[PDB]
Each structure stands twice: as structure tokens, then as C-alpha cells.
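Consider the following structure, which contains WIN 54954.
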Amino acid sequence: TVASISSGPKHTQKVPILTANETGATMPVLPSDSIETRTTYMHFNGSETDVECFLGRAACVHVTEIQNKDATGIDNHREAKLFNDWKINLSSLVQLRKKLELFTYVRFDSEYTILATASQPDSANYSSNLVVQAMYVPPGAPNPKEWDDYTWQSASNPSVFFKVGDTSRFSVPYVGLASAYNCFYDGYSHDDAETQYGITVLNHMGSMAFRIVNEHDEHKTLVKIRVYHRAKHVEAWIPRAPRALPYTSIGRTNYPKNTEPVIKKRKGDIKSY
Amino acid sequence: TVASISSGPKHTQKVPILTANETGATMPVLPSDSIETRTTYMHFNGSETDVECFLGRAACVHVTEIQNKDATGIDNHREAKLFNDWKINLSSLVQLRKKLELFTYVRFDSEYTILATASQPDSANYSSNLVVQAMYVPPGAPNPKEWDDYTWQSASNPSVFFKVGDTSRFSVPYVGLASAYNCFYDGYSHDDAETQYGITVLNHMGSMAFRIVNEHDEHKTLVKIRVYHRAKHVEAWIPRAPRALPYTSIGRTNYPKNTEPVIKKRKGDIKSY
Amino acid sequence: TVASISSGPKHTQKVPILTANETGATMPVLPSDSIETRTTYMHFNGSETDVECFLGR
Amino acid sequence: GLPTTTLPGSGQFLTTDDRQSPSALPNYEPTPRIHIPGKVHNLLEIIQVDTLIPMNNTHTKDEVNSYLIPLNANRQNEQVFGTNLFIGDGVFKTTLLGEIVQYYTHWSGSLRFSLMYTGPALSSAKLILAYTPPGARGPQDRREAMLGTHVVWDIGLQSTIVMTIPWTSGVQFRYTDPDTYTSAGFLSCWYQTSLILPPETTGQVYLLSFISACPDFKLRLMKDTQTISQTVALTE
Amino acid sequence: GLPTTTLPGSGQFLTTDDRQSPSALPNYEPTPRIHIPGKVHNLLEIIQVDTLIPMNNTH
Amino acid sequence: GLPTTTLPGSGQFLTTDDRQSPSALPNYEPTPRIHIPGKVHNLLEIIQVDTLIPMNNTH
Amino acid sequence: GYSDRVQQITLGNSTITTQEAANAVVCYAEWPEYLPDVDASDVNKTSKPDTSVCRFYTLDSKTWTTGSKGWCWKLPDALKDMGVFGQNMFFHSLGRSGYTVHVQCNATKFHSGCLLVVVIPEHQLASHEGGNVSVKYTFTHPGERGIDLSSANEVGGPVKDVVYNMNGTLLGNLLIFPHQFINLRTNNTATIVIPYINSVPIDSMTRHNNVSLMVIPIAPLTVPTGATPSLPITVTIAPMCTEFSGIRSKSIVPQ
Amino acid sequence: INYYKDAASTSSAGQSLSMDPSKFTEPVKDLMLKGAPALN
Amino acid sequence: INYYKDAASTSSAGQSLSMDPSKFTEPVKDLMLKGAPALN
Amino acid sequence: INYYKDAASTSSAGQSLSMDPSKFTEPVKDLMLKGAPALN
Ligand SMILES: Cc1cc(CCCCCOc2c(Cl)cc(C3=NCCO3)cc2Cl)on1
Ligand SMILES: Cc1cc(CCCCCOc2c(Cl)cc(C3=NCCO3)cc2Cl)on1
């Protein structure tokens, strides 16, 4: 492939460099339309800018935490982090968010990796070996109330059991309702006068729930869960302007008030170098 | 495959929507018999509603517990949970039970996964590493009396040895006496006037027995066993009405007295939306 | 493989059920030598009684 | 010795994975299968059989009576019953259809709603059933109702009428647990002319109503049902 | 039983590796794709559209 | 190095499984078999020989 | 001029005519047939009394009144005493059978009411006590009398609550079982042909009933003005393709 | 590839792709045609 | 070699090697030739 | 596939499928036919 062809002096009536940008086109002008060039080859394919590659590496999408401790006398397991949940969403963390929001609709399978590490902030004789249980409560499913409920039975709910310190991994098809995931949605659930606005109304795919299978030892053990997400088989439509201001909420476009100028002011003139 | 064909106005003597339900049939009426439709395709196969898929994921069927402790002076190992047993049955937990009872007779191979985690509720210097031994005492076999009996020799009894925190897995053919497992049985063992009633008399396939191989350390260690069961190679006959009331017993159909209305009462009229 | 063949009434001079055990043999008598039977198949091979299986765990 | 590397996920137990395992009972021979009528292969086979809907939900303890929709002689213009179409909740919820839908997260497809009339043979009636697609309110009078999917039913020799709720939707799947964006409409029924009883006859007559799914139907993404739970393991 | 040896790196999680995984939802059927104008395949496709430069940065 | 994943059950010992193992005595030559009357192949062969029943159990 | 409506069933030495039928149901779309060899296990030749057992027995009549809750019969129990069918039953170790069930209820064009006639394979009943109380033998072997769902709880008997099918499932879903309605305005009989359904090729006829036939009023009976407020319901049932095997001494069963 | 000798040890079965609701939805003895009168 | 049955479980996709910026860079209704005048 | 060199290291043997009880059930010198008299 040639990156530049050889081109010499020109004295024409045919001027490729004068255009009318009002038309909305970006005319494909090249170095050889306005200087004299020599042949050179590309030596490159643009492999690593493919959208599959761009969205295809694992990104941290969520960090939660649960603890193993005596539940005796706990009136609210959920509240004691005897077990937590993550109401599946990819808008939490902004690193992967900005990347995704470069497009309007996106379609992909997900591969999740879940790393779990334990901490024992206060005096323990040892490090126990705990087994985590991650179960996906599809919307319209009995939500775990306790840490050893009947829900954890998950007889129809896909669940994975792995050891703390270890990692769990699996992949999920694209479980979108539509033909693709809406990165943006300028509409509402229904024609109400108070109903929410955005995608937060469209992206209601239940939540994930973690818990430690093991009973309690004499000390307490903090287990912190990190969920990583990798898109595989990516398809993206309609590019948009990149995010400039900071994010404030999962699912709304809102930016913070009295934010700071995002364009760097010159130290000098327009004329400055 | 078409999900709907195109159909237009009708003014006939041939009315597919008038039927006689007294006959016991559900006549196969479609949208296109009563409105004007356009062609649309199915795009779907009904893969995930196959009975193999429906009964084919692991469900928790049993949680038991045994402990490792000094048996010195224990007059009844079984009673000290020096070792326990599970009198194999799939009616214990109701999550997988309701699913199975959607059919009358069911035939399948079983794949068991056994997760074992340890707990040390009171002061230990460390976490020991225990090895569990799960042996299936077929009915008419010497039942373990102690925790280091001659029975544990299991020279003809299939047994598996795995580490606590780890998982054990294997699969078993369908060991039913008949051509299929009876989900229901409206009969008795014999023509007696006091003999039990149900399947609890039909499903007598012995019990499973767990124990910790390791001797006792200075502290005590609680090991809690969870048995998961996955049906593979499923065959199901005669669908029945789903279970509406709560369950009270393994193997009988009995529901609790002064149960609550299972049909949600309207907040409003018959006419209400 | 048939487990039992069909067999009907008998009024013979040929009695397979009378033997002399003093000989040391176990004569291969079947249900169909003394009652009327219907055909049935074995559906079974005797796999799990092979000595390799019996001593092999 | 062949060199290997283990990946993330090694040793995990995923209740939904499907792999081979050693048989604990090597060489065992299962009982022969004999023939049994009734084999089921897909849950899609059974949700096409219709079952009764406790439409008359207005009672206070479960009773045979909540299956009966009453009809009054001589009323004109008025409304017989109304319900939204959240097949995973409300009237639908205990029906076989409702009961299976609840094992899945998403559904799509047409529904078949039929009414069988049980009044004396010498009576007569004309009813209108109307399906209102998502976007409008439950109709408030027949005029409103008759502008959407509807069937004038003439009660005759042929005892049942089968109304289809054709799949009307932007999004190709709806959630089985009630959700707004994903909502499916309303179903109402009104007198078209009115029920008329013969002489020597009196009182209320009832309609029985059934629901089953058209062959159109799709259910996906299995999950656990809110319809069953427990607090301690059961014993014998 | 086939003899194996595990190499350095076993058990690591590299966010950039690309391998197979079990599907949590065996047999599930995704929604059909419909046509949508605008598909992007390479970031190289979009950086050829011109956009305005805040050249007058002096504010 | 070929990528692998280990499944649930790894490391378990099931007394009924049937796999290959290294021989501790590589290259050893067993004694030749000679003929011996009486070989049994199936327990089904022997349960067809009749034996006496202590029917008069009353002692 | 054949209508779905008129029918004749002749079986043995007995015939039934209905002039107001609503087709007939054949459970699971299969018609009763004898036991094939490929499915056989017991080596005994079986006995097929044919026409002496495969005829129509009419059980004693019931009375539908405005307060009726429904009735339940078990098979082969209901026939335990009918002619030679019953003798064969007590005298062989094993037996097998399919049936034609014909439920009859006629009224006039001024009555209203609708019965559900359903056959439930393996209908294991529940104890009204809850817990794991069993249902004694006698209680699940009512004989030709059947069980009257509007009778009182008894001790050791089953629960008789209709909206729960006597087992923890809702009346509304019984429609998944082969069934037919009798709607006075349409119908006057219900006919169901039952093939033999079991997990074994042949079984005991006394320790296990393999179907319960259930007749349940759903739309209450409403008679014309100053009519007597009740109608009789009659059940006639015929064993079909019956086979008995393992003859001997004659079973003795509780009570 | 099966690594094991017994059939019980193989993975899940593969979709019936059988599907025939008529034993449940139309178990009537005389065939009913949609469009023709239910009761003649 | 796929070891798994479902398509979601396969590794990353492979390069589009599609690449056609004209839907974005030249969505004009009447075709513009470089070198010819923009507005005639 | 055997991974090992020695025969002892291979898995269990496979069913004789030999089966001949006559060495045990009928070791008589002169052949006895069922149905013919035992002692002539
Ligand atoms: C846009 C966009 C895309 C997504 C991803 C939605 C996630 C779908 C559900 O994914 C899971 C499934 Cl199918 C299973 C499990 C799981 N099974 C066993 C343990 O976890 C977890 C998740 Cl997040 O969210 N917003
Ligand atoms: C219905 C129905 C089906 C079942 C399942 C019965 C289980 C049969 C026996 O299964 C086992 C076998 Cl064959 C072996 C082992 C075992 N071998 C080594 C460790 O455990 C465990 C079980 Cl549950 O119960 N009710």
C-alpha cells in the first residue's frame, strides 16, 4: 500500500485544495495535492484501532465489599455487608464509560472477571479460606434478604463459587432487550410528567449479589470484590463528540455546576507558539 | 420461519375464532385470524425452554454439617456430628422441587458437585487442612456407626476424598428401579391399613455419609457440606399444574393449614385496570 | 436377547424338572419348563459383575 | 510432560456450565425405558394449552368464584371486566402461563384470551372484547374501547370466543416482571347490546375465561420464580 | 491421565489476553440485529471527519 | 504453553474412577501365565451353581 | 349428517348412545393398547378376559345441588367390585388396564351450570393435617362411592378443599390434564379414553391407583324458576384392553 | 471427545428440537378443523 | 478450537478490516469531485 | 491413548464378555440332556 505517491510541480485550473466546508463534507485532501512528494508505503494496517480491539480489554467496572462475621443479632444482613449487590451498570466507573459513549448504540457479549481479596484489619490468628458466591438475580427474581436464604439456592439462577484471592470468569451473551444497548436515550418510560429521564430507565437488567458461603470464624474478615468487564464481538453505531466535562450520575449526561474551563488558555497571544 | 403471515380483510362464512372449549381442545388461533397482519419472522428457536436446559443447571439440594473434634469419650459419633448423613432425596429444598414437580415421571443422570467450607467459630491458632470422605451407603449396606469404622473402608462402595474449601464432582447414572422416577405416587408399599402414603415409600435409595478423615487438632473445626445436583440426559412425561401452596414435608403433597390466599386480591373492582 | 420365550401347555413324556442332584450337576431349568411364559427380553449384559469390575475399585 | 498455563476462572464452580465427569457407578446398567404417553420436550409445548384465569379476583380468600366473571341481564353500554396485561402478575400470575413466564426474564409473542359462555341456552348476548395497545389508558367507556383491537362476540351455539392479543411492540421483548417502558396494554369487555334471559329464568350468568400463548411466543433468560420460597429445609 | 507441567504465569489475569469462557446463560437467544445507519469499524474512520479547533484560546 | 482451565473435582480421589498411572517398576517382566482349570469371569457364572439352604433354621 | 354431537360406544355387551356430546378426549392422544413384549418384564403369560371385563359399569348416581363442591373417584378402585373385573383384580398379583369414562348430566335449555370432568395421572392426595401426616388407605380407596369434596375432614383422610385439587395446586390449572367440560347449554355428556400410564409395565391393582377421575361444578347449577334445585350426575366407566397376570390366592385388603 | 467410558458421564443432551403440543392442546378423538364449526 | 457450545463464549472477534469513512466524511447528496469547484 | 510405557499402567480391563458356567454347573463326564432321564 502506498502512503504517498510521487507528485511533481502543478500549474493547473484544477485546484483540489479550495473547497466549501459549508457542505458538511471533509474532502479527502493529501500531501501530494499541495507539495511535491516521493513514494512511501504504509507498512501498517490499523489493526489496533478496530472497535473490537478498542473495547476488547478488561476494564474495572465495580468494586464492592462484603464481610464474614457472626450474623447473630444482625437485623439487616444487607446493611451489615453480610452480603452486597451491584445493580449491574457500566456507567459507575468513568474510564470505560467515556470510551463506550464515543458511540450511541453498542452491541457485544461480555466476559466478566471477578477478583476477590481478603483483608483482616484487626487482630486475627490467621487468614481463613472463604468461598464467594456470585449469583445474578434477574429482574423479577426473589431478592436475597438474608445471607443463607432460600434464594442462594439459585436453582434456576446462574451462580459461580470461587475462592477469595482467586478469580472467577465467564462470559455472557448480549442480554439487551433491543437490537443494541442504548448509550444514550432521549426519552422516558411513559408519557408522565414526573417520570425519570435517560437510559437509567432503559438499563434495568437486575443486579448481581455476592456473599461468603463460609460461616464465621472468631475474627472478622473483609472481602472486597472487583468486577472487570471485557466486550467481545463488538458492534458500534453512530459516533458522537467525546465527553468533555466530568460525570455526576450513572445514566444522565449531567455535568457539575461551576465546573472549570476545559479548554487550556494560552500563556500568551493567539500569535504565540 | 414466519412468526406472522400477511393477512387482509375477511368477510367469510368460515369463522376460526368461534369454538367450543367444552371439547377439551385449545384451538390454534393466531393474530392473523382476527386482525390484518404483515409478515414477520421468528428469529428464535426455543432452545432455552428445552426440558434438558430447564432441569440441567446445578441446584443446591442439601446442606449438612460435620465437625472435627476429639471423639474421646463421645458415646454417639453420629450425634456429635462426628459424621453425618443425607438420606438422598431431592424434595428437601423447594426451589428445584417445584421445577421437577411440573412433571409426573422424570428420568435423568445426576451430576453432583459437593462444596465443603470450614468455620472456626472459637479461637484457633490456625485453619487446619481437612480432607472429607463422602461414601454412598447403598440400602442393605453396613451403616457407619463410628467415624473410623470398618465401613469407611468402603471397598465396594463408591467413595470420594476431597479437601475442605475444594469441590468434588462426579455423575451418576439413573439408579431408579422403574423406567423413571415417580414425582408422585398415589399408592402404598402394600395393602396395609397403617402403611405410609406417597413416594417416600418408593424413593428409598439409601443415604450419603460424610466425615473428616483427619484426626483432631487442638481447636474444633466446623465443616458445612453443600450438595448441588444437575440433571443431564433428561426425559419428562405428563405435565401437571404448578405447585401453588407451600410445602410441609419431603414426599407428601400436604400443604399447611390456615395458609394464605394465593391469588392476589384486586385493589378495586373486577372493572379495575 | 430373550430372557424368556413364549411357552404353552405341555403333556409330555419328556420331564425337564425331574433330575438327580447326586450327579453334581445344576441342570439349567427355566421358568418356561414348568409354567406357561410369554416372550420378554433381557435388556442387560452383566457388565458390573465382571470380575474386573468386582475387584477393580 | 506437556507445558500448560492455567487461566483466570480455574477451579470455579459455575452452576450452569456443562462438562463431563467420572461415573461413580462404573458399568451399571439402567432399567430399560418402557413407553409412557405424555412426553414433554419444551416448556413452549405446554404454555399453549389454555387454563382458567381467576379474573374475578375481588374476593378475600381463594374461592372457585374468582374464576367466574358475572354478567347482568338487561344492562346496556356498560363494562364487564378490565385488567392490565402484566402476564407475570395480578390475574395472570397463578395461571400455567403466568406460572411459567415467571421462570424467564423476557417474553415476546401473541396471547390467546378466550371466554366460554355458560348461561341458559335460550338466552342471548353480544359482548365486545377490546385490547388497548401500550400508550393509552385503560379505556373508560366502549367508545374509547372500540377504537383499538376488538371482536364483537355473538353468543350462540358455538360457546367460546378466542380473542388474540397480537404482539404490538416497539422493543422486541418485554420483561415478565411488570415494567413500564416494557408494558403491554389493557384488556376490557363491555356489553355490545346486552344479555337477555328467557322467561322463567333469573339472576346472574357467568363467563369462564382462559389464557394460553400463541405459537408466536418466545421466553428467554431463565431465572428463579418469586412464586415459591422456604424458611427451613423440609423433613420426612 | 495425560502428564502436564504448568508454566510461570499460570493463574494470572492479564486484562488484555483473549480466551474462551463458559457462558453463564447456556442456550439463550439474543435479540435479532436490525439495520441502523452509521456503523463505525475503526477509530481511523472517524478521525478523518474534520472538527473545529478552539484556536483563539486566549479567553 | 497451552492455556487450560481446571474444573470442579480437580484433585479429588474417587475410589471408582479408572485412569492410567506411572508404573513404579519400569520394565519389569511378570511371570508367564501357565494354564489353571477353573477361571471365573462373571459372578453371574457362579450363582448358577446350586448350594444347600439351611431351611431348618430352628436350631 | 354425522355430528360431533351424536355418538355410540359399544364395548362388550353394553352400548351407550349420546345425542349431545362435545367430541371425546383421548388422553395424550393415545388409545389404550396391550402390553408389548419389548416392554414386558414378568415372564408370566397374561390373562385377557376380553368382553367379560371390557364392558360398561355404571357407578351409583350423584346429586348436583347448588351447594356441591365436586366428587373424586380413583381407578381401578371405583371398579373393585364390578362383576368379573373386580374378581380378576383381587385374584391376580398384577393387572393393567385403560378405560372409557362417560360422565352424564342432562337438564333443559333454561338451566345453566358447567362441570369440569378431568383425569389426573398419579393424583397423590394431601393430608388436611399438614406436616407429614399420611392419608390412610381406606381414605384413598373409597370404592364406587368415590370421595365427596363437600363431606367433612375425617382423621387419616385427605383434605377436600377444591381450589387446591386436594394437593397444593390451583383448580384453574387442572386444564393441563386431559379433560372436557359439561356446560348444560352445550353438552350433556363428557367422554375421555384413558390409555394405561405408569412408570412400570404392569403393577398391583390394589396398592396403587393410577388415575383419579374428578367431576367439579365450576359455574354453579342454576335451575329455572320453581324448578327442583338439583340434577343427578351419573358416571359409567369401562375397562378396555385389560390384562391380568400372576394368579393365585386372592388379596385381602384393609377394611 | 468423551474422556470417560460410561454414558452417564457425558455432558448435557442437545435440544430435543422435538416440539409437538398436539398431545396436550388437541387430544380430541374426531379431528377439529379451525374455521369449521366446533359442534356440527 | 471452540471448547464451548455457545457463541458468546468464543474469544474476541478479528479485524473488521472494513473501513469506509465516507458515511462520515462525505455524506453529501450530489457527489463532490476533488479538483472540481465545490460550488458551481 | 496410553501415556505410559508399561502395561501395568493402563486402566482397567474391559468386560470379559466370556461367561460359561458349564465348568461349574455341569462338570459331568457323560453329558446330561434336560428332559431325558437323569439316571438311565
Ligand atoms: C450497556 C450495558 C451492558 C450491560 C451488561 C449487562 C449484564 C447482563 C447480565 O450479565 C450477567 C450474567 Cl448473564 C450472569 C452473571 C453471573 N452468573 C453467575 C455469576 O454471575 C453476571 C452478569 Cl453481570 O449493562 N449495560
Ligand atoms: C427422584 C430422585 C432422584 C434421586 C437421586 C438418587 C441418587 C442415587 C445415588 O446417587 C449417588 C451415587 Cl450413585 C454415588 C454417590 C457418591 N459416590 C462417591 C461419593 O458419592 C452419591 C450419590 Cl447421591 O433421588 N430422587
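All chains are named by letter (A, B, ...) in the order of the sequence lines, taking the proteins before the strands, and each is independently numbered beginning at 1. Atoms within each ligand, like the ligands themselves, are counted from 1 in listed order. Contacts are counted only within the shown part of the entry, which is not the complete deposit. Side-chain atoms are counted along with the backbone in the values below, which use heavy atoms only and exclude waters and symmetry mates.
The chain sharing the greatest contact count with WIN 54954 (ligand 1) is, according to the PDB entry, human rhinovirus 14 coat protein (subunit VP1). Other chains with one or more heavy atoms under 4.0 Å from any atom of WIN 54954 (ligand 1): A, E. Per the PDB, molecule name for chain D: human rhinovirus 14 coat protein (subunit VP3). Checking distances below 4.0 Å from WIN 54954 (ligand 1) gives no other ligands or ions. In this structure, residues within 4.0 Å of WIN 54954 (ligand 1) (heavy atoms) are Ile88(A), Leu90(A), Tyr112(A), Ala134(A), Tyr136(A), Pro158(A), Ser159(A), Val160(A), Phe170(A), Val172(A), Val175(A), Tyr181(A), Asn203(A), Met205(A), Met208(A), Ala24(E), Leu25(E).
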